Trainee: 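Here it is: the structure, laid out below.
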Number of protein chains: 2
Amino acid sequence: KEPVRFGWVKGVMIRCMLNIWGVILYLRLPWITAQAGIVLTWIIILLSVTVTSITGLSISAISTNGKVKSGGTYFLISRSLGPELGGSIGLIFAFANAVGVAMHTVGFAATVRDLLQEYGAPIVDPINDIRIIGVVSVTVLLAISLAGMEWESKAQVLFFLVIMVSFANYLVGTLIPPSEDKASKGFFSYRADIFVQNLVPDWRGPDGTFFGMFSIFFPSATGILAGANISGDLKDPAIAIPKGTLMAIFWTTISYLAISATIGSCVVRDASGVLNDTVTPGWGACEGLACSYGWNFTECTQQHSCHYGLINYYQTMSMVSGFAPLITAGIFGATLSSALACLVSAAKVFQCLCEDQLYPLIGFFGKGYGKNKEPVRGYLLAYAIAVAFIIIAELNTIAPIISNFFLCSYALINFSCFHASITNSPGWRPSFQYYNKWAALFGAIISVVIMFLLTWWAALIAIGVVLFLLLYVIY
Amino acid sequence: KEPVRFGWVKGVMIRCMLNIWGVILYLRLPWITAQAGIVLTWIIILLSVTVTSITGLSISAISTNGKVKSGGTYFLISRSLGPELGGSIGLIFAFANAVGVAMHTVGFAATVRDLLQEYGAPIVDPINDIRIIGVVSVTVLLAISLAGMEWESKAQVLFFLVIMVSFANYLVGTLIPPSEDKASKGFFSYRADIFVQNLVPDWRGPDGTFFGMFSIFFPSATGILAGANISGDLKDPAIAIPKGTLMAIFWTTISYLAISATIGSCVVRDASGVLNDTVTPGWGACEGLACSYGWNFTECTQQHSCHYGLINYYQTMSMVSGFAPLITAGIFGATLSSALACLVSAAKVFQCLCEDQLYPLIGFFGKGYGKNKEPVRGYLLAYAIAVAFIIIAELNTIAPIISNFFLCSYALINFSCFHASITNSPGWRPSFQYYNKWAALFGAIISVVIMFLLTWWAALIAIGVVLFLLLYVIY
Ligand SMILES: CN1[C@@H](CSCC(F)(F)F)Nc2cc(Cl)c(S(N)(=O)=O)cc2S1(=O)=O
Ligand SMILES: CN1[C@@H](CSCC(F)(F)F)Nc2cc(Cl)c(S(N)(=O)=O)cc2S1(=O)=O
Ligand code: NA
Ligand code: NA
């Protein structure tokens with residue numbers, strides 16, 4: 001019985017798009033489109049995908065240099081800068097993936113808890129819901145992923161169709177002439193007067209700054225290494241990984257642009273929500289854009305004390321849509337898919353690190369064979385860390401450190417491509433057309449600049465952990 | 001004719017105390033003693049001298065390992081971590097010393113300009129005074145230092161006696177019962193009631209924070225490598241450098257403690273300066289500590305709008321003193337001595353780098369022999385940079401970068417001592433008693449933590465310059 005291999009659509013493209021897409025697409029992008037306007041949000045998106053396209057070109061070059069087993073993303077780091085950084089960056093990549101599993105399972109459990117709190121009775125605790133649901137969900141994900149990889153691929157296809165159904169739902173919803181309940185909350189159909197007004201920024205609050213929007217959005221656009229972490233499970237990686245990875249980046253970027261430019265042309269930033277703010281003939285005069293449509297939000301705007309509209313309501317995308325439960329289904333398929341992708345990625349990197357003769361730090365973890373063609377000893381190690389960080393359940397002070405563990409890998413991958421190309425390393429002959437050393441160097445510099453520019457003490461902790469591991473291995 | 005050698009008093013101790021002592025001793029320490037109180041200022045001082053004592057122990061260990069020529073402070077960095085960091089850290093040490101020459105000559109020229117603006121007519125420009133005076137002063141310093149090193153040593157002894165005379169002046173001044181002019185500005189003799197009141201903090205203003213006081217004070221306590229940069233000009237460095245360096249640190253620390261604890265027991269933080277704030281019998285009641293001595297500063301304290309007292313007047317030390325011109329003489333001897341020490345240090349490191357066969361980057365600078373036993377080609381290179389940065393004359397936005405160039409050297413010296421001691425390097429047998437690897441490691445970590453904690457973008461620029469030099473040498 002031969003093992004199973006995947007094509008470039010179900011092996012690289014679907015996985016990369018599903019790992020890129022998260023809950024920012026549903027819960028924060030329409031709000032970023034309000035704080036910053038349409039054109040400046042487009043600039044945010046295009047500045048964020050510039051780093052990931054350069055990293056994608058370095059990854060595509062690495063893939064056209066030979067055959068690499070699954071989880072060997074750090075082999076060029078260890079081959080170009082020594083096996084003590086390579087193993088340490090591999091061990092920190094695999095740990096960040098396992099903590100990302102917990103950060104996505106917590107996000108799924110929060111949605112389920114909010115869903116339960118509205119329909120019926122919860123359990124006695126408000127925050128132990130997030131713990132029980134998180135543990136049961138990660139155990140179900142572990143079961144499906146440990147039952148083979150065809151089942152994991154079928155689950156990923158299910159999540160992809162759920163997300164496409166949510167997109168079609170929202171797009172049909174924006175085309176229906178408004179009802180009273182929608183129009184009172186700020187939704188008007190595609191209008192020429194709302195497109196123009198929403199093009200320019202309107203900053204409000206403590207985080208209402210261009211750098212704050214960049215900080216919220218940038219970490220969500222990463223996730224382009226999901227198809228390259230299973231390179232040994234593909235029919236032919238040297239054609240699959242470049243094409244799939246770059247098509248995934250292109251199409252997620254187009255979806256991000258279309259959603260912002262269409263939400264910004266339908267919903268005004270301020271609305272009351274109550275049904276008796278229609279025009280009263282002879283009410284002197286009213287101020288606001290919606291007056292010409294028949295609504296009066298003057299009291300809100302003057303007092304700044306109502307909770308609807310594009311800039312006040314985080315759930316505006318769910319109400320523009322034709323049927324609201326399908327957006328919740330999309331959120332489920334967007335968080336579970338990323339948790340599953342991160343779990344598979346962490347398991348395979350851990351399994352590659354446990355069988356590394358040049359990095360013998362953690363090779364002692366295996367006692368039972370677990371020879372069922374699956375990384376059982378990398379699955380249990382990822383599951384243990386994921387459950388431990390789910391029990392904590394408060395992960396918003398740990399997210400910067402985990403997100404800098406991912407930019408250290410980006411910096412070292414790009415610099416290893418540059419260092420191997422300028423030194424004429426003996427055995428580095430990439431055949432990808434659109435690769436160039438100076439682009440890789442720029443990516444390596446920008447990754448570290450962004451690392452320190454997001455939060456400097458988290459960057460210090462990340463580099464300190466890398467250094468402690470590297471020096472403990474040497475001594 | 002043999003060359004001249006110096007003992008441990010005139011070669012290490014005087015030079016180190018004169019480079020440590022600057023203008024913070026005269027113009028900012030009495031104000032730090034007001035913002036933070038006596039005990040918390042003592043904590044500031046003892047936390048700052050903890051880093052420099054550990055670095056002094058590493059330097060003393062380096063000095064008891066053989067004979068090193070003058071300027072070879074980076075030889076252990078290059079011997080323990082490769083000749084591409086050693087030369088780069090040497091080249092950045094020598095450049096920071098030459099910029100420090102300009103930062104001290106500008107401080108001398110500012111004092112002379114203020115002195116001239118009060119007595120007579122200046123030249124037509126207010127800021128070109130600082131340029132003409134700076135250039136002429138650095139040329140005179142270059143002349144005396146290029147005329148041999150006995151003359152430089154005699155100038156240093158002159159500066160030391162001037163500083164001691166200023167200290168005796170101030171200490172006699174604090175013991176004289178107050179006059180009307182002094183008592184009106186806030187000076188009362190040693191009182192028990194003012195010691196107690198001044199022990200606890202009183203924060204005011206934007207920089208009135210413990211971290212702000214630390215930021216102002218810490219960079220001034222460094223300067224402990226002035227006696228180790230001329231190690232090849234001493235009778236026997238292996239006994240001279242440890243004893244002199246540690247005695248210098250000890251005595252400058254004791255002077256810093258005594259000045260703060262005696263200025264804090266004499267001057268109240270708020271005073272008016274005008275002579276008719278004495279007690280009027282029957283003026284209801286007055287609020288403040290000085291009332292029991294016969295003065296009334298209620299209007300000031302309520303309105304926060306007068307310019308005398310320990311926390312408002314930067315020149316309080318000059319008015320407590322018996323004769324005021326001697327404090328200005330002390331300021332002259334405190335800035336010129338540091339400029340001369342930095343110029344000699346930069347010249348000798350540049351001359352050691354120009355004769356290095358393992359770091360051939362700048363060995364091309366020498367055409368004329370200049371064989372008069374003096375680093376002529378390291379003197380002219382230091383003089384050119386000093387004059388170029390004096391012409392700019394605005395150096396308070398460059399000081400953080402230059403001050404991080406000095407903490408990078410501290411971090412790499414300490415880490416090179418640790419790395420050589422744990423690896424059992426072949427030829428590293430220090431015979432200093434009070435050396436220990438873990439103290440050196442702690443010093444190396446604390447230096448980088450402080451580097452990033454003072455100002456993170458300046459630390460990024462410093463590490464980026466080091467990295468650019470290191471990588472340009474490798475490729
Ligand atoms: C959305 N993710 C962000 C981190 S944001 C949440 C945080 F972890 F920061 F808390 N970065 C990456 C990067 C990669 Cl490369 C991969 S992956 N599976 O391709 O290797 C996965 C992720 S992610 O899914 O965790
Ligand atoms: C008072 N100085 C501070 C820097 S504060 C002013 C700034 F430069 F930051 F702008 N640090 C050092 C360190 C050393 Cl080691 C030496 S020296 N001659 O021993 O090598 C001299 C100096 S300093 O005199 O420049
Ligand atoms: Na997803
Ligand atoms: Na001095």
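Lettering of chains follows the sequences in order, A, B, ..., and the numbering in each one begins at 1. Atoms within a ligand are numbered from 1 in the order they appear, just like the ligands themselves. Values below: every heavy atom of this structure, side chains too, minus hydrogens, waters and symmetry copies.
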Trainee: Drug at ligand 2: what is it called?
Mentor: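 The drug there is polythiazide.
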Trainee: Which polymer chain has more close contacts with polythiazide (ligand 2) than any other, using its name in UniProt?
Mentor: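 Most heavy-atom pairs under 4.5 Å are with Solute carrier family 12 member 3.
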Trainee: I'm mapping contacts for polythiazide (ligand 2). Which other chains have a heavy atom under 4.0 Å?
Mentor: B
Trainee: Checking heavy atoms only, which UniProt-annotated chloride-binding residues of chain B fall inside 4.0 Å of polythiazide (ligand 2)?
Mentor: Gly223(B), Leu225(B)
Trainee: Do any UniProt-annotated transmembrane segments of chain B have a heavy atom less than 4.0 Å from polythiazide (ligand 2), and if so, which ones, counted from the N terminus?
Mentor: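 The UniProt segments of chain B with a heavy atom in range are 1, 3, 6, 8, 10.
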Trainee: Using 4.0 Å as the cut-off, what other ligands and ions neighbour polythiazide (ligand 2)?
Mentor: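 Under 4.0 Å: none.
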Trainee: Among the UniProt-annotated polythiazide-binding residues of chain B, which come within 4.0 Å of polythiazide (ligand 2) by any heavy atom?
Mentor: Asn19(B), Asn97(B), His104(B), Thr222(B), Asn229(B)
Trainee: Report the binding site of polythiazide (ligand 2) using a heavy-atom cut-off of 4.0 Å.
Mentor: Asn19(B), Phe93(B), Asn97(B), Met103(B), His104(B), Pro219(B), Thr222(B), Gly223(B), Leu225(B), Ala226(B), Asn229(B), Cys342(B), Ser345(B), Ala399(B), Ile402(B), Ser403(B), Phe406(B)
